[PDB]
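By convention here, the chains are lettered A, B, ... following the listed order of sequence lines. Chain A is numbered as in the PDB entry; the shown residues are, in order, 1-107. We number chain B the way the PDB entry does; in order, the residues shown are 1-107. Both backbone and side-chain heavy atoms feed into the values below; hydrogens, waters and symmetry mates do not. Indexing begins at 1, ligand by ligand and atom by atom, following the structure's order.
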Number of protein chains: 2
Amino acid sequence: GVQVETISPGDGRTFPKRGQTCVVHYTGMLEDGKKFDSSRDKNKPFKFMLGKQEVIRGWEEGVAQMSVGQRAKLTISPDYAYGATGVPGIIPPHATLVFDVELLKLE
Amino acid sequence: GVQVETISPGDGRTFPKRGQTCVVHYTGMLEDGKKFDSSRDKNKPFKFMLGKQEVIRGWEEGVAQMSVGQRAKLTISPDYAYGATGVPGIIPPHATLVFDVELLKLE
Ligand SMILES: C=CC[C@@H]1/C=C(\C)C[C@H](C)C[C@H](OC)[C@H]2O[C@@](O)(C(=O)C(=O)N3CCCC[C@H]3C(=O)O[C@H](/C(C)=C/[C@@H]3CC[C@@H](O)[C@H](OC)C3)[C@H](C)[C@@H](O)CC1=O)[C@H](C)C[C@@H]2OC
Ligand SMILES: C=CC[C@@H]1/C=C(\C)C[C@H](C)C[C@H](OC)[C@H]2O[C@@](O)(C(=O)C(=O)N3CCCC[C@H]3C(=O)O[C@H](/C(C)=C/[C@@H]3CC[C@@H](O)[C@H](OC)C3)[C@H](C)[C@@H](O)CC1=O)[C@H](C)C[C@@H]2OC
């Protein structure tokens, strides 16, 4: 349920392992380009861990395919995101989400 | 994405309208009967409003089909619940959810 298109290559060597912390920058957009979120505009990187059901599965599977330093467009199917519910006031029902993600570091 | 089976009939007259508050009792179970939640065991009824993207869509569409006093089994497809992500530590990925719901009042 995720398509990964690469904007800038990573090192081709260091990929996220289950239970590491990934530090990324991302902007989330709707399929017409409409931004709904951006880590950059709160300055910070976002950090999460793989394999703990803590981010939507499409993110998890998309970022697992990236190596460090890679910049990629993740297009996530609704059932690998917020499905038929969406997120109140932010994501409609049945929405495909596009995230521009940069994998900065694994900790 | 929801199937509604009736355990006890409601009044056949008073159905939830968009923007009313529904007061219910529910227990949520996995498809093998495993309970994961119950309003009754925290005593209280659960209250929510229709049409505000505030509960999973399958709940919303299931309860909209019930009249006051009805007791029903709602079986909800993953994409109308927590999809491929689940809820960490509570709902697996791709889970069909079964809720036993009693619609007590509309406010
Ligand atoms: C107080 C609250 C606690 C904590 C909240 C914050 C730090 C809140 C802060 C405003 C910004 C959020 O995040 C930085 C914000 O990010 C979005 O803007 C977004 O871009 C998003 O989609 N993200 C974030 C980047 C990773 C992918 C995805 C994610 O997976 O996000 C996760 C998420 C929502 C996952 C659920 C978890 C349960 C599953 O049942 C469900 O599965 C259906 C998927 C986030 C990281 C959660 O782990 C963290 C929490 O919830 C959402 C559109 C709305 C979401 O606000 C909620
Ligand atoms: C602090 C937090 C604030 C607030 C939390 C509480 C009162 C927390 C308390 C422990 C018990 C929760 O609820 C009483 C509990 O209920 C479950 O046990 C459950 O049985 C459930 O599935 N429910 C509840 C009854 C209606 C259907 C469904 C629901 O829709 O629930 C809603 C929900 C999770 C919807 C999201 C909303 C965003 C969408 O993006 C997403 O779509 C993918 C679906 C609930 C009611 C939210 O509106 C309310 C909040 O989140 C979940 C298995 C886990 C969930 O804890 C989170």
A.B. asks: Which pharmaceutical agent is found at ligand 2, per the PDB annotation?
C.D. replies: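 It's tacrolimus.
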A.B. asks: If you rank chains by how many heavy-atom contacts each makes with tacrolimus (ligand 2), which has the most, and what name does UniProt give it?
C.D. replies: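 By contact count, the main one is Peptidyl-prolyl cis-trans isomerase FKBP1A.
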A.B. asks: Return the chain letters whose heavy atoms come under 4.0 Å from tacrolimus (ligand 2), other chains only.
C.D. replies: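 Going by non-hydrogen atoms, A, B.
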A.B. asks: Where's the contact between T85(A) and tacrolimus (ligand 2), heavy-atom distance under 4.0 Å: side chain, backbone, both or neither?
C.D. replies: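 Side chain only.
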A.B. asks: What residue and atom, counting heavy atoms only, is the protein's closest point to atom 39 (C) of tacrolimus (ligand 2), and at what distance?
C.D. replies: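 Among all protein heavy atoms, the one nearest atom 39 (C) of tacrolimus (ligand 2) is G86(A) O, 3.4 Å.
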A.B. asks: Considering only protein heavy atoms, which is closest to atom 43 (C) of tacrolimus (ligand 2), and at what distance to one decimal place?
C.D. replies: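 Here the closest protein heavy atom is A81(B) O, 4.0 Å.
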A.B. asks: Would a search of protein heavy atoms around atom 28 (C) of tacrolimus (ligand 2) find one under 4.0 Å away?
C.D. replies: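 For atom 28 (C) of tacrolimus (ligand 2) the answer is yes, since some protein heavy atom falls inside 4.0 Å.
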A.B. asks: Within the protein, is there a heavy atom lying under 4.0 Å from atom 16 (O) of tacrolimus (ligand 2)?
C.D. replies: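 Looking at atom 16 (O) of tacrolimus (ligand 2), one finds that a protein heavy atom does lie closer than 4.0 Å.
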A.B. asks: Are any of the protein's heavy atoms under 4.0 angstrom from atom 57 (C) of tacrolimus (ligand 2), yes or no?
C.D. replies: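 False for atom 57 (C) of tacrolimus (ligand 2).
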A.B. asks: Could you tell me, atom by atom, which parts of tacrolimus (ligand 2) come under 4.0 Å of a heavy atom of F99(B)?
C.D. replies: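 Contacts of tacrolimus (ligand 2) toward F99(B), numbered from 1: 20 (O), 22 (O).
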A.B. asks: Considering all protein heavy atoms, does one lie under 4.0 Å from atom 5 (C) of tacrolimus (ligand 2)?
C.D. replies: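 No.
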A.B. asks: Please write down residue, atom name and distance for the protein heavy atom closest to atom 35 (C) of tacrolimus (ligand 2).
C.D. replies: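 That would be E54(B) O, 3.6 Å.
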A.B. asks: Which other ligands and ions fall below a cut-off of 4.0 Å from tacrolimus (ligand 2)?
C.D. replies: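 Those are ligand 1 (tacrolimus).
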A.B. asks: Provide, to 0.1 Å, the distance between atom 52 (C) of tacrolimus (ligand 2) and the closest protein heavy atom, together with that atom's residue and name.
C.D. replies: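 Nearest protein contact, heavy atoms only, for atom 52 (C) of tacrolimus (ligand 2) is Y82(B) OH, 3.8 Å.
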A.B. asks: For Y26(B), take its heavy atoms, then give the atoms of tacrolimus (ligand 2) lying under 4.0 Å from any of them.
C.D. replies: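 Result: 14 (C), 20 (O), 24 (C), 25 (C).
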A.B. asks: What's the shortest distance from atom 38 (C) of tacrolimus (ligand 2) to any protein heavy atom, and which residue and atom give it?
C.D. replies: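 Of every protein heavy atom, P88(A) CD, 4.0 Å lies nearest to atom 38 (C) of tacrolimus (ligand 2).
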A.B. asks: Under 4.0 Å from atom 1 (C) of tacrolimus (ligand 2), can you find at least one protein heavy atom?
C.D. replies: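 Flag for atom 1 (C) of tacrolimus (ligand 2) set to false, no protein heavy atom closer than 4.0 Å.
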A.B. asks: At what distance is the nearest protein heavy atom to atom 9 (C) of tacrolimus (ligand 2), and which residue and atom is it?
C.D. replies: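 That would be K42(B) NZ, 4.6 Å.
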A.B. asks: At less than 4.0 angstrom from any non-hydrogen atom of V87(A), what atoms of tacrolimus (ligand 2) do you find?
C.D. replies: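 In order of number, 40 (O).
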A.B. asks: Which UniProt domain of chain B lines most of the contact region for tacrolimus (ligand 2)?
C.D. replies: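 It's the UniProt domain PPIase FKBP-type.
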A.B. asks: Can you find a protein heavy atom closer to atom 25 (C) of tacrolimus (ligand 2) than 4.0 Å?
C.D. replies: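 True for atom 25 (C) of tacrolimus (ligand 2).
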A.B. asks: Among all protein non-hydrogen atoms, which one is nearest to atom 12 (C) of tacrolimus (ligand 2), and what is the separation to 0.1 Å?
C.D. replies: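 The protein heavy atom lying closest is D37(B) OD2, 4.6 Å.
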A.B. asks: Looking at the deposited structure, to which atom of which residue is there a covalent bond from tacrolimus (ligand 2)?
C.D. replies: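 Covalent link: none modeled.
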A.B. asks: Would you mind telling me if tacrolimus (ligand 2) is within reach of the side chain of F48(B), the backbone, both or neither, using heavy atoms under 4.0 Å?
C.D. replies: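 It is neither part, as no heavy atom is under 4.0 Å.
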A.B. asks: What are the neighbouring residues of tacrolimus (ligand 2) within 4.0 Å, counting only heavy atoms?
C.D. replies: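 By heavy-atom distance, those would be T85(A), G86(A), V87(A), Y26(B), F36(B), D37(B), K42(B), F46(B), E54(B), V55(B), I56(B), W59(B), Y82(B), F99(B).
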